[PDB]
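Entry featuring escitalopram.
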Amino acid sequence: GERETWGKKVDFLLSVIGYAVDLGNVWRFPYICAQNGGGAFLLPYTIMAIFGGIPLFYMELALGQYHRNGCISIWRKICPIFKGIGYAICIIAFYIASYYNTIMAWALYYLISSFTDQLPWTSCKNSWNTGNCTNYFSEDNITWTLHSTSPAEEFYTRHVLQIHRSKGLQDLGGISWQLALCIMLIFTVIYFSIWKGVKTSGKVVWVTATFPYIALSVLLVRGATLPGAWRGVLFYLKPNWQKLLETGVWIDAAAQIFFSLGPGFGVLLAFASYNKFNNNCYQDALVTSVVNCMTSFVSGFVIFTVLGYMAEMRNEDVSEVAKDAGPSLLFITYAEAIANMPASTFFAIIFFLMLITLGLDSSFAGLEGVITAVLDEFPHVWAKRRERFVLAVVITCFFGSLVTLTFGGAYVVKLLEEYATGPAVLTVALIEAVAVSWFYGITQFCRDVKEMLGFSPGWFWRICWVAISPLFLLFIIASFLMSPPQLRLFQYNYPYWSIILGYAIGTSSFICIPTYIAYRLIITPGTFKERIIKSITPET
Amino acid sequence: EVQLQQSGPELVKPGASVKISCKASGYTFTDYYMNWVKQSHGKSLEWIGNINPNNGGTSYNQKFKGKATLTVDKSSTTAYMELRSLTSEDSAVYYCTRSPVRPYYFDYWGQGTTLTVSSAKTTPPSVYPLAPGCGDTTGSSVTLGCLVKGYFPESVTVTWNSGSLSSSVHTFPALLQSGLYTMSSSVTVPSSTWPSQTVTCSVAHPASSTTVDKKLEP
Amino acid sequence: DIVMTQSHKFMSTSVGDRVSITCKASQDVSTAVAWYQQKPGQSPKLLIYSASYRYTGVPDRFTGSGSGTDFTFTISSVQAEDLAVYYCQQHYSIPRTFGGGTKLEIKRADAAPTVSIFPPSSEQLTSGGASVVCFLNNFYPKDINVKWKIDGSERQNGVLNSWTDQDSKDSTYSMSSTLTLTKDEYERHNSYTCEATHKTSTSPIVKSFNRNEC
Ligand SMILES: CC(C)CCC[C@@H](C)[C@H]1CC[C@H]2[C@@H]3CC=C4C[C@@H](O)CC[C@]4(C)[C@H]3CC[C@]12C
Ligand SMILES: CN(C)CCC[C@@]1(c2ccc(F)cc2)OCc2cc(C#N)ccc21
Ligand SMILES: *[C@@H]1O[C@H](CO)[C@@H](O)[C@H](O)[C@H]1NC(C)=O
Ligand SMILES: *[C@@H]1O[C@H](CO)[C@@H](O)[C@H](O)[C@H]1NC(C)=O
Ligand SMILES: CCCCCCCCCCCCCC
Ligand code: NA
């Protein structure tokens with residue numbers, strides 16, 4: 001008869017926040033904020049939120065709580081031809097889950113290796129270090145060479161990732177069994193948090209979403225107590241208003257607030273589906289996003305205080321110590337800074353645990369949206385048991401992550417995250433933004449909000465959904481397609497054909513949306529105007 | 001025995017290009033960044049940019065972006081710097097210096113390369129001997145000397161008897177006038193070696209490749 | 001970028017005195033300052049790195065101190081061969097900038113300028129010119145007046161004064177006054193005379209010669 005609901009408002013109120021907050025909030029925002037105007041990056045970061053991010057977040061969050069349908073069945077009630085979107089996202093998810101979990105696997109392997117009294121990445125007398133390995137608490141006067149490496153860089157590169165055993169994308173096999181066991185434990189800890197439905201995913205989030213703020217607080221007062229930490233904050237907040245003249249940093253801010261907010265994917269749709277009909281949507285979206293940004297903001301300090309201390313211990317120019325913009329900023333730089341602090345075991349355990357709890361909530365929701373849609377599209381054909389479907393998804397993602405668990409797995413992570421998944425999620429998000437605003441009608445949407453909340457949404461939001469948001473996504477998509485960034489990772493430049501592979505994976509994700517449009521266009525009898533009329537008008 | 005041997009002086013017309021070499025020896029060439037420092041006449045040092053010999057990892061200065069191009073050859077361990085669109089400001093002494101990654105100091109430098117960007121014709125120097133008169137009072141030491149008049153650019157070397165001996169030679173800086181340089185040299189030798197032995201001054205001009213030797217005669 | 005400001009472009013010291021050069025940077029530098037020595041006519045030579053640390057092959061008399069923006073390079077016992085231009089350079093932020101440079105001149109006792117006049121050689125007379133030369137060797141300081149006299153009249157046209165850099169053995173300057181003239185005018189005068197006024201003595205040193213085959 002009817003579907004389930006939430007156990008408490010706070011459970012989903014923290015579930016959506018837990019999905020929104022992840023690793024990128026911690027480390028992607030501080031770097032891009034430091035190199036694009038410093039504190040002045042705060043100005044375009046908010047403008048792209050109020051006009052781009054918040055309208056998509058709220059508009060996405062409203063439809064779910066109004067229609068109470070999955071990512072697939074909701075299109076049958078809006079624009080059946082666009083039902084392929086609900087499938088596209090599914091395929092998209094299969095790609096996303098192929099790498100997003102492996103990162104956590106790395107953190108887990110770093111956590112289980114942090115139970116030793118002497119942390120592995122402090123000394124160089126290990127079984128994986130080379131002759132270039134030079135650590136501290138060693139002879140003074142040491143001078144760095146073009147070939148010299150640090151015990152942290154050696155530990156990440158040659159032990160956990162083991163990327164020295166592959167020559168690139170061409171030859172990357174085989175699979176590392178350690179990270180396979182790690183990602184199995186992770187795929188097990190997400191199973192028991194989803195298999196029961198929204199009951200456990202609203203209860204497990206209590207831990208996964210609150211721990212990172214505590215850990216960030218400890219790391220904050222720690223990095224604030226470190227000598228010479230003001231340099232990282234200065235480099236973090238130094239206004240460079242000339243960056244605002246470049247048309248690039250605005251696109252960077254737009255993309256950053258889009259992926260951090262994460263609209264258009266059906267996760268917010270599914271989370272909103274299980275909720276009260278008369279429940280407020282405005283305040284929910286507002287609070288959650290503003291926290292997601294604030295959390296990024298304080299995370300900036302959490303990183304740059306420690307990196308400032310690292311620049312003080314070395315010789316300044318935080319850009320030099322923060323050259324690498326990736327996991328290496330956390331797994332090498334930040335970790336090496338942790339190793340040189342008292343109670344290093346503590347600050348390592350809580351750090352990697354923080355990473356894992358940062359990732360878990362987003363993977364809970366990440367799967368939750370797809371599971372919800374599929375069950376809603378194939379009801380009671382499906383839903384006979386939930387644990388069965390959730391297990392069938394988790395295992396598929398595990399076999400889908402074996403390509404990422406290889407020695408040259410990080411390369412595939414970059415390729416899929418930047419050349420494949422990204423432009424496809426932006427594309428399908430653009431398709432949704434166009435469909436809801438220009439097909440279903442923005443006036444009827446404001447009428448639905450007027451039904452739930454009791455009042456029609458303001459003109460400020462209507463004018464955003466009509467024009468501001470679709471142009472907001474269009475600008476980012478066009479900016480990427482016009483000039484895809486040259487990929488580089490660990491002194492290795494990607495081949496020229498990488499963009500061909502990424503686009504191949506990207507297009508293969510939404511091959512379902514136009515072919516489904518052709519499907520319904522080929523299924524409905526009569527004239528094409530009557531078929532597109534039964535395809536544009538919701539089900540009678 | 002870390003040695004960085006650069007190329008000789010270069011005289012080029014404005015608007016042309018010039019390439020300077022840098023042969024390295026005495027260390028692992030693939031271990032250190034190779035840098036180029038520009039020093040103007042009477043001015044301070046000015047870091048142009050570095051290059052990673054392993055892959056040619058260049059890192060230029062914002063002030064020299066599009067002005068200098070750094071290359072490297074591992075087969076012969078030699079670095080190169082090319083300058084295009086040469087003007088009067090480029091006429092300076094250029095060095096190539098070795099440097100580690102951290103701390104970024106310049107441990108070993110090259111001998112330098114005197115670059116002259118001008119359209120003036122390469123003029124051979126006129127070597128005229130400056131011998132003391134026959135009416136002077138020969139005391140404990142006589143002062144000899146040679147004169148160089150009219151040459152371009154500032155690229156000249158005046159030696160004395162293959163560098164033996166030169167414990168009292170005073171060399172005066174060249175003066176530029178009407179597009180030609182003019183300098184002079186002197187040497188204070190005791191009265192127990194003149195005019196007994198052979199004292200001959202050598203004037204070399206690498207720009208015109210002309211070496212004129214003149215012996216002093218009282 | 002970073003602006004390394006050396007306020008004192010020139011500093012005077014004596015053999016054996018304690019000399020210290022200051023270096024002012026734009027922003028805070030921590031301990032990323034290098035001190036280089038460039039002798040006149042040679043390439044720069046690294047002396048100090050990271051504020052205080054000495055490089056291999058550097059005497060113990062050269063020290064370094066400072067931590068932040070103002071830095072000091074200290075020499076305890078100044079030698080005659082310590083005559084060079086000193087540069088400070090930051091090595092933290094890209095790009096690496098340098099200081100203005102402090103030419104360290106050595107102060108000593110006065111010295112009498114040995115003046116030596118020379119008649120134009122025959123090789124120059126063949127080409128068709130004649131330049132009387134007046135050399136001023138071993139004196140201190142640099143400030144010294146040079147007056148020419150062809151035949152008692154103070155000659156001022158065609159006189160070029162060339163001051164050399166300080167010496168690295170006895171710290172004595174040297175200059176050359178050149179009187180370039182034509183052959184036709186040279187063969188119309190006999191006894192040339194150049195005189196130099198210095199602070200060592202009130203009477204200017206006067207040198208003269210005759211053209212009539214010395
Ligand atoms: C998922 C499917 C549909 C994508 C297939 C698209 C094809 C055409 C793409 C995907 C991967 C690409 C290949 C990736 C690897 C290599 C090895 C290299 O030495 C030559 C290029 C080559 C051979 C590429 C050719 C083009 C390529 C084969
Ligand atoms: C958006 N917030 C911050 C969480 C991000 C996790 C993510 C997600 C989706 C499916 C999964 F199985 C696991 C994770 O949610 C949407 C999304 C889009 C892209 C793109 N391009 C990349 C990752 C995801
Ligand atoms: C250090 O690394 C370089 C490449 O970065 C490698 O060529 C060299 O062999 C390494 N040193 C040792 C002792 O293995
Ligand atoms: C200082 O470090 C360098 C690094 O190349 C080393 O060669 C040198 O021996 C060190 N100094 C001393 C005194 O050991
Ligand atoms: C609707 C926009 C689609 C953008 C995805 C990438 C487009 C790729 C163009 C065709 C190249 C396909 C290579 C196999
Ligand atoms: Na999360």
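Here is the naming used below: chain letters follow the sequence lines, and residue numbers restart at 1 for every chain. Remember, it's 1-based here, ligands and their atoms both numbered in the order they're listed.
- Looking across the whole structure, one can locate escitalopram at ligand 2.
- The name the PDB entry gives to the main binding partner of escitalopram (ligand 2) in this structure is Sodium-dependent serotonin transporter.
- Other chains in heavy-atom range of escitalopram (ligand 2) (under 4.0 Å): A.
- The source organism recorded in the entry for chain A is Homo sapiens.
- UniProt lists residues of chain A as binding Na(+); of these, a heavy atom under 4.0 Å from escitalopram (ligand 2) occurs in A:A20, A:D22, A:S260, A:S362.
- When the transmembrane segments of chain A are numbered from the N terminus following UniProt, a heavy atom under 4.0 Å from escitalopram (ligand 2) turns up in 1, 3, 6, 8, 10.
- Measured on heavy atoms with a 4.0 Å cut-off, the binding site of escitalopram (ligand 2) is A:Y19, A:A20, A:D22, A:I96, A:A97, A:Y99, A:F259, A:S260, A:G262, A:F265, A:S362, A:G366, A:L367, A:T421, A:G422, A:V425.
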